[PDB]
There are 4 protein chains.
Amino acid sequence: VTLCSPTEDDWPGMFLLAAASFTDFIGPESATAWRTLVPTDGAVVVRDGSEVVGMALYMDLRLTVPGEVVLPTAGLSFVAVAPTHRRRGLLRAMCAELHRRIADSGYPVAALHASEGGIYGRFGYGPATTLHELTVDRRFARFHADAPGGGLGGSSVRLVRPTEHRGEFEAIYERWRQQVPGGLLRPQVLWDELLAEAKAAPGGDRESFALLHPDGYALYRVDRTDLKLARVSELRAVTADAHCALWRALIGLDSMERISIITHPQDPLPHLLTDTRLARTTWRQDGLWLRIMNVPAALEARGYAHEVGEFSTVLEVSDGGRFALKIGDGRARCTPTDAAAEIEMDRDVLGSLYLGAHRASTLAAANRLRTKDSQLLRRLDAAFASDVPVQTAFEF
Amino acid sequence: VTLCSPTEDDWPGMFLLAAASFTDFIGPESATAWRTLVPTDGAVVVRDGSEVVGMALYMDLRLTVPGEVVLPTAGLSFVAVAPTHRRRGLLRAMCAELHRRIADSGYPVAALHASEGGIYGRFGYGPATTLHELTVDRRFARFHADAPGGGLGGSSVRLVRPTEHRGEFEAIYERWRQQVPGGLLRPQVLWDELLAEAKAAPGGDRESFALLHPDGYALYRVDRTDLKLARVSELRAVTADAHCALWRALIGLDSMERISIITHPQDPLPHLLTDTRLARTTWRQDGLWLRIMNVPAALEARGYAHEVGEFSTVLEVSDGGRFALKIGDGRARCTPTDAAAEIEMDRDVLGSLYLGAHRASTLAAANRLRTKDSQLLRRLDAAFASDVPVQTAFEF
Amino acid sequence: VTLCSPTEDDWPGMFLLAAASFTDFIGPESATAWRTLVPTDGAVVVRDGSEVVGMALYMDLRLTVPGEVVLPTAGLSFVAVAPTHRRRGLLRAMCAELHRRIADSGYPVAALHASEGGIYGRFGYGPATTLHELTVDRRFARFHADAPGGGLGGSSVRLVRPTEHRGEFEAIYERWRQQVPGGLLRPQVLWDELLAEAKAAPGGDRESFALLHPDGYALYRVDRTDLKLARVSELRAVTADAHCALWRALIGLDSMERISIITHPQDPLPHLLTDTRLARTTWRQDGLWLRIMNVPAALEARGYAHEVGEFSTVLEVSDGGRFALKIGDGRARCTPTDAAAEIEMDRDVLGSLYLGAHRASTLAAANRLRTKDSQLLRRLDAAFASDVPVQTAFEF
Amino acid sequence: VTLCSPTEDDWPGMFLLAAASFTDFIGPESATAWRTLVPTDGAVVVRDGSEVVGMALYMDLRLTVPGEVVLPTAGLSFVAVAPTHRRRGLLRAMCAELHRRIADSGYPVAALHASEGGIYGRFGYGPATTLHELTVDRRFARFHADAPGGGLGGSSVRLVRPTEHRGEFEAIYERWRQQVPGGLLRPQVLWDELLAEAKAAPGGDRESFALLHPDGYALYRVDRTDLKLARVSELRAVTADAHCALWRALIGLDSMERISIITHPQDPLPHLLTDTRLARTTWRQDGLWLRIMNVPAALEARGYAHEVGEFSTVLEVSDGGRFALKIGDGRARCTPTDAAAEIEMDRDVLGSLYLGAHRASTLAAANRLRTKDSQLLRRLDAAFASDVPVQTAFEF
Ligand SMILES: CC(C)(COP(=O)(O)OP(=O)(O)OC[C@H]1O[C@@H](n2cnc3c(N)ncnc32)[C@H](O)[C@@H]1OP(=O)(O)O)[C@@H](O)C(=O)NCCC(=O)NCCS
Ligand SMILES: CC(C)(COP(=O)(O)OP(=O)(O)OC[C@H]1O[C@@H](n2cnc3c(N)ncnc32)[C@H](O)[C@@H]1OP(=O)(O)O)[C@@H](O)C(=O)NCCC(=O)NCCS
Ligand SMILES: CC(C)(COP(=O)(O)OP(=O)(O)OC[C@H]1O[C@@H](n2cnc3c(N)ncnc32)[C@H](O)[C@@H]1OP(=O)(O)O)[C@@H](O)C(=O)NCCC(=O)NCCS
Ligand SMILES: CC(C)(COP(=O)(O)OP(=O)(O)OC[C@H]1O[C@@H](n2cnc3c(N)ncnc32)[C@H](O)[C@@H]1OP(=O)(O)O)[C@@H](O)C(=O)NCCC(=O)NCCS
Ligand SMILES: NC[C@H]1O[C@H](O[C@H]2[C@H](O)[C@@H](O[C@H]3O[C@H](CO)[C@@H](O)[C@H](N)[C@H]3O)[C@H](N)C[C@@H]2N)[C@H](N)C[C@@H]1O
Ligand SMILES: NC[C@H]1O[C@H](O[C@H]2[C@H](O)[C@@H](O[C@H]3O[C@H](CO)[C@@H](O)[C@H](N)[C@H]3O)[C@H](N)C[C@@H]2N)[C@H](N)C[C@@H]1O
């Protein structure tokens, strides 16, 4: 039982572990298209002797952080251990090895989508974003008088087939993912897989449809079993007008009873209607997890709030070291130090705070970050707060 | 069809309307005990001729706003129109007559709990707090190493009967309601009714039990049909230690599978556990609704964030007039004016912003509040943000 | 095992059988009030030897048949055989004995409400009325432009306590039950029990409410578990304006989501709304069962349609004999004969046709009534067709 | 916003609008086969400017009315508007244009199947047939002694594969559709679609089977998820003997617990069983909708009841003129007039009455048809009543 990099002979064996560990595994076909994003020396395997019984890999992704700064991010995926080799310490060996490779490759941050909220708590990964499923009873849904595009006249939204307007979607998404914190770059290979999942599979999902705006798009599909529910798989909108214009079209679906969308907590849809409660939050869960690899490099690259007063403090990470942090006028200075620490927090506590979805005061009451200065807490709350609402791009 | 104040002969007719309109009507018995909080001329009735076919009233309450300031608040309750006289315009007359009396009684703000999120949107009421039902699978629940009171020793929490410790609960709640925004003063009569609902009703609710801490308490009861669920009806905790100590006791219930609590979104519970995903938000809804009656009086009495630069702007309320606002050092200056306005919003929009549950940027994207200056928006978001997270006190 | 009339000592044993056989047994308390409607030698018991192990009785009722004629009707009720003595022939012995007593007392017709549609098919009882449960989604419900009382002004419907208006309910019901086919007389003892079932029972049903009109009333209650459903237990309307005005009030219950009512197939409610489909038929079942005791007495006393041409024919009942029937201008002559039979049907087939709920053409297609004259068949459909729609009064 | 006839270049765009608006859309393949029934200039489209956003068409169909007379009927189908162009008045323009085209082609009546019972209420369409689902628990279902084919002997029903016996099915249906009111002519192209849906689709419906009587056929299939329910999609029987013969076969399916069938209210199935209540009506809805295009041409071509006295009256339609009607001996005379009106009804009210599914007394109670003569009402009920029970043919 040892650890090494995989070969071409290992890939048929890696699909077998994937299909048995992941129920939503996209088959042996699509995993090759996802492989084009995995860099060389970006995957680890464990053999027994010998059959492959452990695997874990990261992808080269581009995550947008607050202040429209794009960071190279290691996207952890395909992390699976055979049921016959658990409790031994294969995950502990694989994840510790990959982080060593991620740190050598020069990645400031590492990210993943968790299957459970307890596996990746100690590994330094913290829930950085929040998924927020909204379900709208569209039969009662009526827009507020203040909602944009209230008058009569040719609406700027069109009902189009998703595969026939690909070039337009790639352009809109690119404009979205650069200005919205949490946005990820979608390469050519990922549009290939997303657009192939739009056509109706025999015995699977229904045919997807698209609503097209010059500054946004809605990618929806009717549920296979619930023929009265339209499930919006994707909603990208650049302008505030584009968001409202796409929803007037979505509630326009007179064939449907309900419209469901997995979105972000600060979605302005509830206020867009007369009855705010008609946009019910049916489901809430953490989305994208973050592990800050390079502490000073990640904190400096992020954009902060201009509203907060200029302050300086010494921050301590569990086993990441001790860092001096200077925040003022939107930008931050971060350099390694050894002066007396004011705030003490674990590696995963910084992960949650980074994108600004979780307040430090909330984590302080939970005693996840410790400080004797209560005024410093109020300043970290304001400084880490993102100007543009945090969103989850896509699952990987 | 005429509107007037109720006499002693009207109450028997009023209880008829109340029982036919509200399914959870406490009965003609308990409604008289709730009446002791309604001031003279604080109720209105509509008769047909003659039987009463429309009623509305408010209660004298004390709401705590950001900055530990306690405001006199009109608590709109018992608002019902007979099913034989709907679409006739009885509510429009009654609510207008009560607001008149509320303004003449010098109340800065009015408050209610909505049965539907669309009825009171036009009357100036906006969702001021947010409810957040957390269901924790306690079997999988394990506390984080950072959680307070992690070591062994005699726990300061006791399992006591709620009716036998009334003096302690009243003392703890009074401390809680004064320091937490959204907190309401609970008089002698409401404590009488709360403890009356603790005892198990024949064929109804089960017997309530209490967990008592020197600085907090937990009121819970087993669900009538779900024998494995413990429903925490009330959780009040003054100190950060008390919150954690009470939750160790609640997860200590080895008889139960799940512990459910209706709380606020900023609850530190999920971070207390090793698995944050175990504290599942099963239900989300608006709680307390607010209508600002006296605009300058309400805004000046409120405490604001220090972590924002001093600014001044002219705010306009759709039909409430025009006001100049100066925010600096956590306090605000507000007086009526007629100089050009920089921000335009409806009366209900201010209600949502007041306690600081909703951000101004979110309402701006929904075009509920309008401005040309985007810098002002960022400042309004930070200034209105509550330091101590907002909580819903009780339902009325 | 012997059959005889019951004494005073038998009653405590009868209530044991009733409680063990009927789930909705009103207890030993209320069954004594129902006993005041059972005439002397109108009840039979079967003892073992000695304990009572079989019971059956009939009540002196007054059924209104087409043409506003009221016939004294024996109402079979409390028919139960102990589980320890079934498949023995106790029911066949009891029912034959009661049919002897009914015919000796001189009742033209016999009536019951069946627990299964197969037990009383052989005994001569046929499904005489059809129950029709309509559940209306009142949130979507909007009245048609042609619906009576569709303007502004004081509505003539009141929301009242049912127990405080007994005098008016009895008066309206009496006017209703006399003009509507299938209507039964309700004695003082039954109004006693009806109003006693209106009050809220601890762990049972909720408090019942009433909507009163000069020419009609509606008794409704919110379901014990479904707090968004209001069940109309009773809707007596004399005039067409009363029916419409009560349904404006019923849909006026803004507290509820759905209004359910068990009524008749010829209810004008669906056409009273803009969308006829909003009044969905959620449940269909047979109501009152009818067995003609005296074939010539019943057919003569009934009222027939004036539209059909005058015809004379000979009909035969399987074991009831052969009768010549002369139908012309509302009234009919029925005298026993030995001439050639043109129509042949079982005793229960006449029972179904009598009130005019089931057409003869439907039974002829099923071969329940036989004839070689198809022109005679069309004349039977028109003649037995009730001018005023057939309704079920109350269950017994 | 322009309305015109569709070209060949419009069809790919029309399929997109069809698939998005209809969930049960038969795909771009099958819609071409249905288009062989759409006559030249029998379709309309609305373009934006240009993309097609509104569409509506009618099919050349042959409906059988009471009296075995077959009328050419325009079958409205594919009527849909884009979700981006609703509340604009596209349906009002399209339907009015088609009604203008239908009248020019010389059609007496127009027909459709509605998605909601409120959209086509004002356009002149009324519920003309009634759907009636019956779920029979075949485990308890035992046939009555009077039911045809009682004793032993070789049954004249066979279990056959539907695709191998196309010739007989077309022969039986043609006999059925000509003698039964509501019967539609099913051309060569529609039998292609019906038999193509018989084969088991991967992940969809299961293999369809057929029961063949020389005078009737039964098309059934086991439900996708409910492996104990046999869904009878089609039951056509010419003789009353065949109807009973097929049901002995259907209840013969010992693999099933329940047999469901969407039929008509006057189905003689319950009277075939010893327990009439085993044939439970689980579902009840309106079927075919009829708009009378030519008032005198349709009324004269219909067969009326012989069992009614001869009468003459003047009928009006709100905005469709005034007509003199004379009914006697089964046939009617109708010519446009301007003499004082006796009966006043909307255009859709006549549609409901025409096929004889809805009684005039019920519609007069709901004030949908007004007359001061109550005697005239009783005669309209008897005259319009169809001798042969009305049935829904197929869904279009
Ligand atoms: C695959 C995998 C992580 C388990 O491998 P494993 O061999 O049990 O992991 P290890 O033995 O190295 O465990 C190391 C630590 O992680 C924790 N851990 C591992 N799997 C866990 C799980 N499913 N839930 C909670 N904690 C887990 C253990 O508590 C352990 O702590 P310790 O060091 O104090 O003993 C595990 O998640 C699994 O089997 N899941 C199914 C496949 C899957 O869906 N993967 C997740 C993709 S995001
Ligand atoms: C009680 C009550 C307001 C009904 O009275 P009503 O006579 O319909 O009220 P009015 O006719 O004065 O309504 C005036 C306006 O309020 C709106 N409105 C009133 N009740 C409403 C409801 N239940 N939902 C949505 N909007 C409502 C109407 O749209 C109307 O607008 P308009 O002025 O443009 O016509 C109504 O809320 C009700 O019946 N609710 C059930 C009883 C209850 O539980 N009370 C509410 C507790 S929050
Ligand atoms: C009460 C009662 C009928 C049972 O008595 P029993 O001794 O089984 O009746 P018998 O043996 O005299 O049955 C005589 C005939 O009636 C029929 N019958 C009796 N009970 C029946 C039932 N529950 N369902 C269908 N048919 C029944 C039998 O087919 C039998 O026919 P047969 O003479 O060809 O054998 C029976 O219905 C029962 O026990 N029900 C529970 C109490 C109850 O609810 N009463 C009925 C209210 S309508
Ligand atoms: C197709 C269609 C009716 C939408 O068109 P539309 O542009 O909204 O119709 P219009 O704006 O011309 O509406 C005209 C009238 O019809 C009524 N109406 C339109 N759609 C309606 C619906 N879904 N339900 C009830 N009423 C409706 C409106 O009340 C309006 O009345 P008004 O003249 O008093 O304002 C609509 O049914 C739809 O979008 N559904 C999806 C496709 C479908 O299923 N069609 C029905 C096939 S049978
Ligand atoms: N317009 C504001 C409305 O507020 C209240 O409704 C509210 C009820 O009062 C609430 O009931 C609560 O308050 C009542 C007393 O009013 C208590 O008896 C009960 N235990 C408690 O749950 C219930 N939980 C929610 C409901 N919206 C008033 N009853 C009616 C009034 O019209
Ligand atoms: N063979 C005819 C049978 O009719 C009745 O059953 C019927 C019950 O009497 C009915 O109960 C009704 O009648 C009883 C009184 O009999 C009322 O107390 C009750 N509120 C009311 O619902 C109930 N709704 C239906 C049931 N089939 C008799 N109880 C028993 C008798 O054998």
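The chains carry the letters A, B, and so on, in the order of their sequence lines. By the numbers in the PDB entry, the shown part of chain A spans 3-51, 56-402. In chain B, numbers come from the PDB entry; the residues present are 3-51, 56-402, in order. In chain C, numbers come from the PDB entry; the residues present are 3-51, 56-402, in order. Here the PDB entry sets the residue numbers for chain D, with the shown residues being 3-51, 56-402 in order. Order of appearance sets the numbers: ligands from 1, and atoms from 1 within every ligand. Method of determination (from the header): X-ray crystallography, 3.5 Å. Reckoned from all heavy atoms, side chains included, excluding hydrogens, waters and symmetry mates. Not the full deposit; the contacts listed refer only to the portion displayed.
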Asker: Say which drug appears at ligand 6.
Answerer: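 PDB records name it tobramycin.
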Asker: Report, by its name in the PDB entry, the chain making the most contacts with tobramycin (ligand 6).
Answerer: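 The main partner is Enhanced intracellular survival protein.
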Asker: State which other chains have a non-hydrogen atom nearer than 4.0 Å to tobramycin (ligand 6).
Answerer: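 Counting heavy atoms only, the chains are C.
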Asker: Give, by number and name, the other ligands and ions lying under 4.0 Å from tobramycin (ligand 6).
Answerer: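 Found ligand 3 (coenzyme A).
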Asker: Taking heavy atoms and a cut-off of 4.0 Å, what residues surround tobramycin (ligand 6)?
Answerer: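 Within 4.0 Å on heavy atoms: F24(C), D26(C), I28(C), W36(C), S83(C), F84(C), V85(C), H119(C), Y126(C), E203(C), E401(C), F402(C).
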